[PDB]
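Every chain is numbered from 1, with letters handed out A, B, ... down the list of sequences. As the structure lists them, so they are numbered: ligands from 1, and atoms in each ligand from 1.
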Amino acid sequence: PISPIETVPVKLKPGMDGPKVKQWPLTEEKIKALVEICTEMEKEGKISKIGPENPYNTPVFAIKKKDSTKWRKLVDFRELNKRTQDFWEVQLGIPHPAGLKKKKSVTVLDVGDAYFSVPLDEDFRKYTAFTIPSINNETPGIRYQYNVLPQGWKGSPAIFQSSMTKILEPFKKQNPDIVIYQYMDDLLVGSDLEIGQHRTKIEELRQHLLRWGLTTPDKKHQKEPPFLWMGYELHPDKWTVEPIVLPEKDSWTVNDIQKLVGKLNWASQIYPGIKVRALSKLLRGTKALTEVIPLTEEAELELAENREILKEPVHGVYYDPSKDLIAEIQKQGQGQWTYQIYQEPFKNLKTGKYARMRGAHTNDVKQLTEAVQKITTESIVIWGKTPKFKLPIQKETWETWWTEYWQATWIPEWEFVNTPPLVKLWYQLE
Amino acid sequence: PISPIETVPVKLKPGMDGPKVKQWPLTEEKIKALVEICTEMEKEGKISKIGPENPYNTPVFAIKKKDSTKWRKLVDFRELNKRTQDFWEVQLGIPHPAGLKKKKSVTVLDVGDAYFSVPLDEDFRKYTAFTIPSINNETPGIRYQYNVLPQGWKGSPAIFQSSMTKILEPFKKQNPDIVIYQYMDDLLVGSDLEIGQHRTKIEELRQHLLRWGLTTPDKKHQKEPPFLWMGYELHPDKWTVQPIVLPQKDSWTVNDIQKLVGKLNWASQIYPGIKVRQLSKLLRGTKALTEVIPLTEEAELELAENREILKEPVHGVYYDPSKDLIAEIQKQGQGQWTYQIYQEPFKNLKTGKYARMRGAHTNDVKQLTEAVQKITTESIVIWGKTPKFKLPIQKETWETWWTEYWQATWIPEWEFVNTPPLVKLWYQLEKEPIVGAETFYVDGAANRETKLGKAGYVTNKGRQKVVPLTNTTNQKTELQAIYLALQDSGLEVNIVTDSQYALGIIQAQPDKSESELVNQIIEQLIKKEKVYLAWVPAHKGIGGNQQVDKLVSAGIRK
Ligand SMILES: COc1ccc2c(c1)N(C(=O)OC(C)C)[C@@H](CSC)C(=S)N2
């Protein structure tokens, strides 16, 4: 019932050992969902039980991706990639098409079921050993190894890259303006077409995708108020900056102006050539804050000059491929957050406001987790790498609820914020 | 009595080799106790004499733990344990009694000397080589190997747990609803079949096993009900802990104190109402297990208050997968809170406490929520379910510290109840500055090598003041400076702050503290009708600046 294809040898980077991670215990509903998965797939020759001679480990979750009906498996191969793939980033790079961002709209498909067909290197497999949790630590965890290419791993599409190219070929030359990035289990597809044309130009790719190898794009169905019909289309041409809003009428009171200089004071390390004295002078005196004190003659200049450094910055925009982007977010109103992806402090690379409605489920953590992805597919689309996320949240609260609103494959790296920030004030970028 | 089961494959850590030693020459009396010993061990086929041809070796200990009749031996696979490959550790903790179920009848089988039967991989055995030399080096090479998983041996416990699992696999398949658990050397068999109808399966078990290479001397079903499980004390329908006798002295060292501190905690799964707080607060000066310490009156207060509950024994019920799982949290004060998890009202499932410590200046609502998790996290670690929450916090005060706080937060199915220490917001600040209210441009400072500072203010109506301070922090000080500022204001005030630090502290609205200073402010805040703060860049321009930091001048040059 089997047809042994052959393998591309995966080996251990800079003398390292394989990941020995710990499995976050989880829901029973979910501890069930994973046996109901792993066994039917153990049947399918994909996975296999191992003995004790194997100490390696790795996280397994359980999501319901497209909606609510059936579960999805997921793995935090984050230590294996952090292991192998910083050599299989070389030996097996998959290059980032920088016109990626340049395109009108980017859709993405789980063309990831597709690597189950590739056998994995027998001698390596030990490093894909995962485990499934038992309620209350009773029964010894249900332990499996990976026989094929794990849908999680970063070293997988590395390999299947080949077949990906070969399988796309006829498509690429039928439609050449379209580019495609094979990131993760992600087939990033963009075009300069109408929201109706790129939409079709896509299915065209889906069809092709069934035929030529019964590789498969999972059915697009869900209906959120932002009318998500068919297509998870990010529109990169929408990339304009409008965060740091100076209050229109706030140069009235001592207070307003007392705000106005502090804000101007953060900006000072961002646009260093900032001039704000003759404004500050307006408040050099111990005065009542509700005192409508108008501005000085020479002060308007400092507001005006600095008020035009905004519409045109320079040398920030410099990305370093030998360093790692960091995203950091912060909460604001009921559904408006903010992120700043820098790499070396204050040197902003990309910024934005994670919005959402006023009458909507104001669940912080829905926003935060859902905010996070929105960061990420863009950070892929643009740099093709994952930001260290500096998170406004309890370790243990996140380590307890992300797995709930995480309708995504890759699990970007993360950290959690100790001290509060002033930044939030009003839309501000660190 | 060697087993006939699929052994497990072990190599030593790549690169490393098996150990080679030569043991300390021993006499007549030590060797006799060992020859005799190895022979009938070899007899049970547990070991096999090999020849000169085996390179590696290790030593033997021919101990006598208590001074009882049967001599015994042991080998410290010290060096081997260094070498041998790594395993998937089985000691992944323990299951927690709370969350266990009520399985009518139950028995435990001692699988103690049930490893020696499990066979070693056929290739590693050479490594486990040991030599039995004589008194007069007449027979230098009396050496034996080791066919089964030896005592200690890194993998032993790792493997035996695995083998046994595959062993009860069909039985657990034929006799489904009975349920086996295993750890160390204790086998717990359980069902909901009447004693004799229960003893069947146990005996069946006692036999099935016997067919696989391993014996189980247990007898007529073996041991029942009074269970000393990993310390825990368990009964067919209830659990708790048993020997827990925290004493007292007239001169303790941190040494014994640690212990005292442990017990109290341990006893905290069950006994409603325990705290360790003060007994541990004092522990801080972490010197050696030789230094003694003055048990304070605050500590003994608790040392005694806690013994009362702990004086008279509390019981623990079992989990019932259908019944509601739930918990509500009471505050024990001093940032300490106590949670109780229950299904049937007043039926104690589990209890424990959350004490926000080793990191001062913390808000209450926040702490409420912090513990909720302690629970959420723990309720899954056991019931794999989320407790419905009975919590002492109004909705409108929540909806606010939900949407007030920065660090995003989340709380599942929570419901409101009454209880004296109700939590909520004592005060809040202002968003827009106050009309007509007085505007106080505060300031502080300190002698960066001379210990002193000056706190004070100047209002907009020309209201000045200062207060010379000593043995104070540039922080404490700029903090203290707001207290004055506070004090000398009527009802609705405006404060303009020099400092980030304190501005931040007063932004969060926490409460209690050993720092009477911070507290003293709290109360001011608490009493005021409308408090508005504002903040500005220190060295830069703190408004009236020139005058402000200038009237507080002493020693500075800038
Ligand atoms: C008085 O002893 C007990 C009372 C209740 C339970 C147990 C023992 N349990 C157990 O394995 O004991 C230790 C290892 C935790 C298991 C089934 S034991 C056949 C369960 S679900 N409830």
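- The name given to the drug at ligand 1 is HBY 097.
- The chain sharing the greatest contact count with HBY 097 (ligand 1) is, according to the PDB entry, reverse transcriptase.
- The other chains with any non-hydrogen atom less than 4.0 Å from HBY 097 (ligand 1) are B.
- In this PDB deposit, the label for chain A reads reverse transcriptase.
- Near HBY 097 (ligand 1), within 4.0 Å on a heavy-atom basis, the structure shows B:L100, B:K101, B:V106, B:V179, B:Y181, B:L188, B:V189, B:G190, B:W229, B:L234, B:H235, B:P236, B:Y318.
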